[PDB]
Amino acid sequence: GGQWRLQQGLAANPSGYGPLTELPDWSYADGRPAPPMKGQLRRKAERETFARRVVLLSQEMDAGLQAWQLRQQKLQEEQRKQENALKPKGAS
Amino acid sequence: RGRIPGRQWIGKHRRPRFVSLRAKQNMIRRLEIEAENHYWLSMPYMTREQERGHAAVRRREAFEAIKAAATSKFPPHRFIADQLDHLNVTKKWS
Amino acid sequence: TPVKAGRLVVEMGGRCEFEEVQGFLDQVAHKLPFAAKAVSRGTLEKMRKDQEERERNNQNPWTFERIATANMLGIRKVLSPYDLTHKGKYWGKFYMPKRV
Amino acid sequence: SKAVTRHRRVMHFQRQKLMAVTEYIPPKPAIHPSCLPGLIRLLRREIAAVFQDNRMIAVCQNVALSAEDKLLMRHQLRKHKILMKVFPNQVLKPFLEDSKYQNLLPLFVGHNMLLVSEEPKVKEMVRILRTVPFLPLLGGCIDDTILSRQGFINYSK
Amino acid sequence: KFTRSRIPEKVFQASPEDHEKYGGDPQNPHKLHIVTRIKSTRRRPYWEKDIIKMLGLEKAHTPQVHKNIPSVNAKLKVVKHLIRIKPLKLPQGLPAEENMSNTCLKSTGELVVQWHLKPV
RNA sequence: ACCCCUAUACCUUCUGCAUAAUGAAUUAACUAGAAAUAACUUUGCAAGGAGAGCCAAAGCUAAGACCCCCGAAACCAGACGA
RNA sequence: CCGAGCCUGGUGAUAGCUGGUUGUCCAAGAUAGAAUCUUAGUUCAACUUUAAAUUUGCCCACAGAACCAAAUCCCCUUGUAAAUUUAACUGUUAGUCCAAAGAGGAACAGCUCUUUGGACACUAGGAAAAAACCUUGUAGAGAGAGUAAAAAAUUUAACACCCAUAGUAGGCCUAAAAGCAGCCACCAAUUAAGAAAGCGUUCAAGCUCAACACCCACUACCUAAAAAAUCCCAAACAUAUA
RNA sequence: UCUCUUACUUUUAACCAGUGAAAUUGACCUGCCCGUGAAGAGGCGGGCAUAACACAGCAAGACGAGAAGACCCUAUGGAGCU
RNA sequence: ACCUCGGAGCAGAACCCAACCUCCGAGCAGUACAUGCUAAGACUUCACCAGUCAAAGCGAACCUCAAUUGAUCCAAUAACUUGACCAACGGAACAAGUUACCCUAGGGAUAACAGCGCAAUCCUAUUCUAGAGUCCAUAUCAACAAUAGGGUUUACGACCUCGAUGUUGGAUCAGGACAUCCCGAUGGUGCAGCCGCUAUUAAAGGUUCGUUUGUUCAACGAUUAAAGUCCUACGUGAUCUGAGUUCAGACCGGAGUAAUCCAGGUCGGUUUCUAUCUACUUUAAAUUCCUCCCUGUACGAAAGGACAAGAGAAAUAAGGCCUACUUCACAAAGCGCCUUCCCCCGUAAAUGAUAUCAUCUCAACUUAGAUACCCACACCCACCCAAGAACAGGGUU
Ligand SMILES: C[NH+](C)c1cc(NC(=O)CNC(C)(C)C)c(O)c2c1C[C@H]1C[C@H]3[C@H]([NH+](C)C)C(O)=C(C(N)=O)C(=O)[C@@]3(O)C(O)=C1C2=O
Ligand SMILES: [Mg+2]
Ligand SMILES: [Mg+2]
Ligand SMILES: [Mg+2]
Ligand SMILES: [Mg+2]
Ligand SMILES: [Mg+2]
Ligand SMILES: [Mg+2]
Ligand SMILES: [Mg+2]
Ligand SMILES: [Mg+2]
Ligand SMILES: [Mg+2]
Ligand SMILES: [Mg+2]
Ligand SMILES: [Mg+2]
Ligand SMILES: [Mg+2]
Ligand SMILES: [Mg+2]
Ligand SMILES: [Mg+2]
Ligand SMILES: [Mg+2]
Ligand SMILES: [Mg+2]
Ligand SMILES: [Mg+2]
Ligand SMILES: [Mg+2]
Ligand SMILES: [Mg+2]
Ligand SMILES: [Mg+2]
Ligand SMILES: [Mg+2]
Ligand SMILES: [Mg+2]
Ligand SMILES: [Mg+2]
Ligand SMILES: [Mg+2]
Ligand SMILES: [Mg+2]
Ligand SMILES: [Mg+2]
Ligand SMILES: [Mg+2]
Ligand SMILES: [Mg+2]
Ligand SMILES: [Mg+2]
Ligand SMILES: [Mg+2]
Ligand SMILES: [Mg+2]
Ligand SMILES: [Mg+2]
Ligand SMILES: [Mg+2]
Ligand SMILES: [Mg+2]
Ligand SMILES: [Mg+2]
Ligand SMILES: [Mg+2]
Ligand SMILES: [Mg+2]
Ligand SMILES: [Mg+2]
Ligand SMILES: [Mg+2]
């Protein structure tokens with residue numbers, strides 16, 4: 001039922017980012033939570049790396065875009081500074 | 001009674017193979033995935049003059065890190081401690 | 001003499017109609033080394049407009065020309081560089097008029 | 001094997017699948033459009049000639065009557081001054097329908113022929129009819145009155 | 001001879017019916033690609049293998065973010081038959097520092113910054 | 001235990017061997033990588049080093065670590081054989 | 001075991017040739033070529049391996065590369081992490097299929113020769129068994145799960161009915177050539193018949209078609225094989241919602 | 001000799017008793033058909049067949065055993081002769 | 001035949017790129033006499049060797065060409081310089097034939113036989129309708145050409161086999177295909193009958209003996225219903241032969257100085273194997289010819305001359321037995337005797353719709369259209385047997 005799970009947005013493998021695969025397997029009888037599982041720790045580290053990469057790429061492209069905007073403003077101001085420092089004479 | 005001359009899938013005379021419905025459906029599925037890839041590649045965000053220099057600092061510092069490692073390759077230290085702990089193989093009780 | 005697909009082999013005219021030539025022209029065209037047919041001007045234009053009509057009203061979303069020119073699925077690994085211009089209607093010396 | 005061969009070369013399987021995918025699909029109509037829903041003017045003026053002229057009309061069945069017998073029977077009827085007209089039913093029946101001789105309509109069906117005159121010389125038309133026995137004298141009209149063959153024989157005698 | 005393939009700008013010009021088929025705004029384009037390799041580099045040319053290694057798609061079915069910029073787009077245009085490309089959607093925005101440890105990508109291509117494992 | 005399912009001995013050779021190509025009945029014993037020039041590593045001393053000789057514009061001295069087995073038809077010398 | 005006896009010695013003759021080469025575990029690792037009494041070998045290059053030093057290495061933007069097709073060279077970004085140099089050497093240098101561009105041959109070959117690219121000479125799943133086709137690669141345990149490629153479809157030939165006098169044995173040529181041996185013309189009466197479209201006659205004579213009428217209406221799917229040698233080869237099944 | 005082979009005797013043979021080899025041998029729990037495959041399958045695929053085990057006989061197969069092909073080519077391998 | 005060098009195509013656009021691939025050339029000539037010296041930077045025939053361009057500077061002045069070539073040693077010379085068709089052109093200073101008298105190390109990396117791939121060659125079928133057939137394409141034959149199939153020939157390839165896959169014909173035993181030579185059934189005919197020709201169906205059964213030749217083949221003699229075409233490692237040599245062919249001897253003709261050779265002839269010339277495994281070792285329905293009569297009938301002008309039905313007589317094959325004959329003799333045998341039984345499918349017709357006729361119907365429909373054998377079962381020590389290798393079996397009243 002991978003296509004149906006994809007249609008509902010619940011991955012395709014039922015072992016992918018579900019509560020069934022991400023909730024803790026067990027806990028102590030009196031109620032203390034278990035230490036985190038190795039696979040869940042690895043998945044959280046990978047997701048943190050993924051999110052940091054998303055942030056880095058987004059802000060890098062944004063910074064490049066505003067840098068290009070600033071270069072265009074400098075080009076247009078150097079184009080618009082077109083005052084003749086001396087006044088024409090002669091046949092005028 | 002019916003022999004394909006030589007090897008079945010090579011040569012002038014080959015054993016014929018015919019296209020099945022599920023093979024056709026598999027190819028149609030991959031074709032749809034690629035048409036969608038064509039669309040999402042057909043819309044770009046920036047242009048070349050806008051992207052001309054937006055990651056040069058990061059690429060340069062990554063290569064400087066690679067250079068730093070390749071230059072820092074060098075033999076490790078040696079220890080009086082390690083040699084005198086090899087002395088311990090004859091440590092008897094009494 | 002080399003002869004390619006879609007080339008008139010001989011031409012006929014005069015004070016006559018199609019069926020009269022069509023008899024012995026079909027007789028000759030059957031005996032030719034390649035696939036051949038007796039055509040008139042109206043018959044040839046009818047085949048050409050039927051081919052363009054079939055290409056226009058083809059309901060298949062996927063065509064050989066589109067797939068080959070876009071290199072869909074990396075199909076140019078098994079295709080030929082001349083298939084980009086043949087568009088799947090030609091295979092060696094054989095012409096397939098049913099392909100669009 | 002070369003690129004051009006005398007036989008149809010076996011394709012690579014991916015190319016064969018490509019052709020089987022890119023085959024042509026004709027448009028399918030929804031409710032199947034099959035399942036979805038000259039001479040007449042000349043023939044008309046000549047029949048106008050023979051009906052507003054030509055008072056005596058006799059309709060007979062055009063029996064086979066081999067060509068020498070056609071010409072001799074025609075030539076006896078022509079020595080005795082009546083004409084043989086042959087005019088087709090497909091232009092003659094609606095002319096009767098809009099020209100009032102609808103009582104003469106249900107008799108012009110099958111092979112038909114007209115023995116027609118401006119002089120009422122019924123005596124030889126019926127004695128030629130007794131000379132050739134397989135000739136019915138279906139019907140017709142004298143002086144714009146519809147008569148059967150009993151009426152024709154009564155008008156003759 | 002089998003060579004590299006030059007792919008037309010005509011197939012890479014989009015069309016309006018393509019836009020409503022795959023709903024995507026031509027103005028305000030999407031910023032990041034989710035690229036996922038769905039086909040082996042075996043029985044494929046060495047340049048395609050190299051470009052897969054460059055883009056970092058050695059492991060199949062492992063999604064990767066890339067910039068929607070023309071150079072990365074050219075690489076993906078060369079290697080477009082081995083990958084699936086999706087737009088990276090951000091319903092509740094870019095992740096920040098306090099929500100970076102509670103992210104999930106999801107199969108719809110929507111990076112959520114807050115992940116509870118609780119029913120709605 | 002069999003019955004079920006899966007599974008084309010090994011070595012050599014070769015583009016490729018289940019190959020109907022080679023070798024092998026089996027057991028026990030015997031039966032096949034020798035070394036220099038340099039380099040590299042670790043010490044000693046250091047514009048010198050080595051217990052003469054030799055090398056030296058950081059070198060010299062010392063150690064470590066690297067080069068198989070069986071097989072012809074033949075050739076020659078001296079004997080022994082009618 | 002005399003094309004040159006036998007024995008001992010040189011002798012552990014020599015062999016670009018065959019055979020063999022003995023503990024465990026891990027890692028990198030696949031073939032442009034040039035010379036050669038050389039193509040059964042070797043040396044150099046190329047690829048490969050290890051250790052060092054350094055900085056750029058692959059992918060590539062626009063512009064650029066000649067007169068007489070696919071592409072390539074060059075190449076900043078960009079994505080990435082390799083590359084060059086120094087030191088030390090071994091080994092590979094007897095190659096197969098597939099796709100493509102060609103050449104030779106038969107537009108034969110599991111044929112031979114180049115080039116580009118795969119795969120095989122390393123794993124696993126599939127196409128029946130299976131080197132080379134497709135899917136897939138980085139290694140362990142599991143009596144968990146989602147998938148990839150992945151099962152051949154086709155079955156063909158009915159075609160009318162009825163009718164037919166005649167200007168004339170049109171003219172020329174011929175013994176005659178009469179609608180029909182060959183030529184010119186192709187008018188013309190009946191309601192409607194070609195100075196005749198096939199047959200058929202030495203020539204004639206004959207019988208079909210085109211033509212009147214007749215009438216429901218020309219009903220009109222425009223398609224096409226078979227063989228070999230031990231014994232056919234899964235069993236089967238048209239109809240319960242992808 | 002053959003058409004066209006038969007009968008008998010001896011040896012051989014088979015059984016009992018005594019003595020007792022050789023070539024060969026990867027391991028074998030060692031079937032048929034069609035197909036496949038290093039292109040001729042007991043061992044692979046599809047099907048079929050199938051309680052176990054001696055003794056006599058046959059020679060179609062095990063590319064059967066023997067002899068590192070007596071023909072062909074190669075070797076900067078020999079030798080005899082002119 | 002080629003071996004070294006260059007140009008063009010293959011190799012269309014940076015470079016490179018093979019074939020006993022397609023074409024064209026080269027082994028110099030002419031000018032000059034600074035064609036002197038020297039020196040940054042480069043190119044490079046995929047290595048090296050070799051080769052190529054060149055700024056500036058000194059000194060003067062005010063090379064064309066495409067290849068047009070040869071290393072080291074050594075030799076000549078006072079020196080500068082110069083020496084090979086070393087053309088097998090990266091060159092050994094200088095060496096040919098022959099071997100069937102041969103040997104060794106190997107190779108299925110490489111030929112002969114066989115298999116396999118392919119089908120140029122070979123064979124067959126169909127399409128087309130020129131032409132032949134008095135006329136008439138299609139009774140019969142058939143051009144140009146087309147489409148498809150087969151794997152019997154001659155080739156081509158070099159994929160298994162050279163630590164052996166033994167060979168041509170013949171004997172013996174044959175298995176199979178049908179593309180049928182005969183026997184069976186049917187359609188057409190330029191089929192009156194007898195004979196024929198052609199096509200469909202049929203592989204149950206059969207398909208001779210001799211002379212020459214080693215022959216397969218081929219020619220001839222005599223028959224027969226016929227004397228089939230092929231495949232089976234050109235079936236089959238652990239079943240046989242060895243006439244031929246390609247070991248060692250010899251001769252003839254020829255070639256060569258000779259050794260020796262000839263894809264020429266001739267005489268002679270060793271054919272091993274004790275069977276381990278697979279497989280197999282008794283599955284009863286027979287065909288054909290001839291004779292008589294039908295009948296000198298049908299048919300036919302005559303000459304000629306049947307098919308059915310039926311009767312007899314043989315031959316072969318299969319199974320069996322000895323009464324006689326014969327080899328022989330308590331018995332085994334043939335040369336003798338006895339027995340031997342079903343069909344077979346191509347097509348021809350009737351009724352009748354699609355298509356109110358007609359139509360044999362991939363319309364519904366009608367007609368032509370096996371039995372036999374075997375079968376019970378601790379009497380068994382022993383003896384006998386028509387039963388038998390041993391075992392088993394039958395008899396022992
Ligand atoms: C079988 N004979 C006809 C023969 C044939 C050939 N040649 C072939 O191989 C030909 N075979 C073909 C037809 C090509 C398939 C042969 O080559 C031979 C021989 C015979 C042998 C005899 C050998 C013999 N020994 C080994 C039994 C012997 O002692 C002597 C002797 N006189 O001393 C030999 O001569 C002998 O060694 C020999 O030479 C033979 C062959 O070479
Ligand atoms: Mg095969
Ligand atoms: Mg081999
Ligand atoms: Mg062998
Ligand atoms: Mg073996
Ligand atoms: Mg060998
Ligand atoms: Mg004496
Ligand atoms: Mg040795
Ligand atoms: Mg490894
Ligand atoms: Mg050489
Ligand atoms: Mg060698
Ligand atoms: Mg090959
Ligand atoms: Mg004994
Ligand atoms: Mg195998
Ligand atoms: Mg087999
Ligand atoms: Mg075996
Ligand atoms: Mg036995
Ligand atoms: Mg053997
Ligand atoms: Mg050998
Ligand atoms: Mg050599
Ligand atoms: Mg020598
Ligand atoms: Mg020597
Ligand atoms: Mg160079
Ligand atoms: Mg100068
Ligand atoms: Mg040479
Ligand atoms: Mg040379
Ligand atoms: Mg001799
Ligand atoms: Mg030998
Ligand atoms: Mg052969
Ligand atoms: Mg004719
Ligand atoms: Mg080869
Ligand atoms: Mg051999
Ligand atoms: Mg052997
Ligand atoms: Mg037949
Ligand atoms: Mg044979
Ligand atoms: Mg044999
Ligand atoms: Mg010999
Ligand atoms: Mg003698
Ligand atoms: Mg023998
Ligand atoms: Mg066996």
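Chain A is the first sequence line, chain B the second, and so forth, proteins listed ahead of strands; every chain is numbered from 1. As the structure lists them, so they are numbered: ligands from 1, and atoms in each ligand from 1. Lab note: partial entry displayed, contacts enumerated inside displayed portion only.
The drug seen at ligand 1 is recorded under the name tigecycline. Taking the chain with most contacts, the partner of tigecycline (ligand 1) here is, per the PDB entry, 16s rRNA. Lab note - other chains with heavy atoms under 4.0 Å from tigecycline (ligand 1): H, I. By number and name, the other ligands or ions lying nearer than 4.0 Å to tigecycline (ligand 1) are ligand 37 (magnesium ion).
Under a 4.0 Å non-hydrogen cut-off, the residues that form the binding site of tigecycline (ligand 1) are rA70(H), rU167(I), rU246(I), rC247(I), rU270(I).
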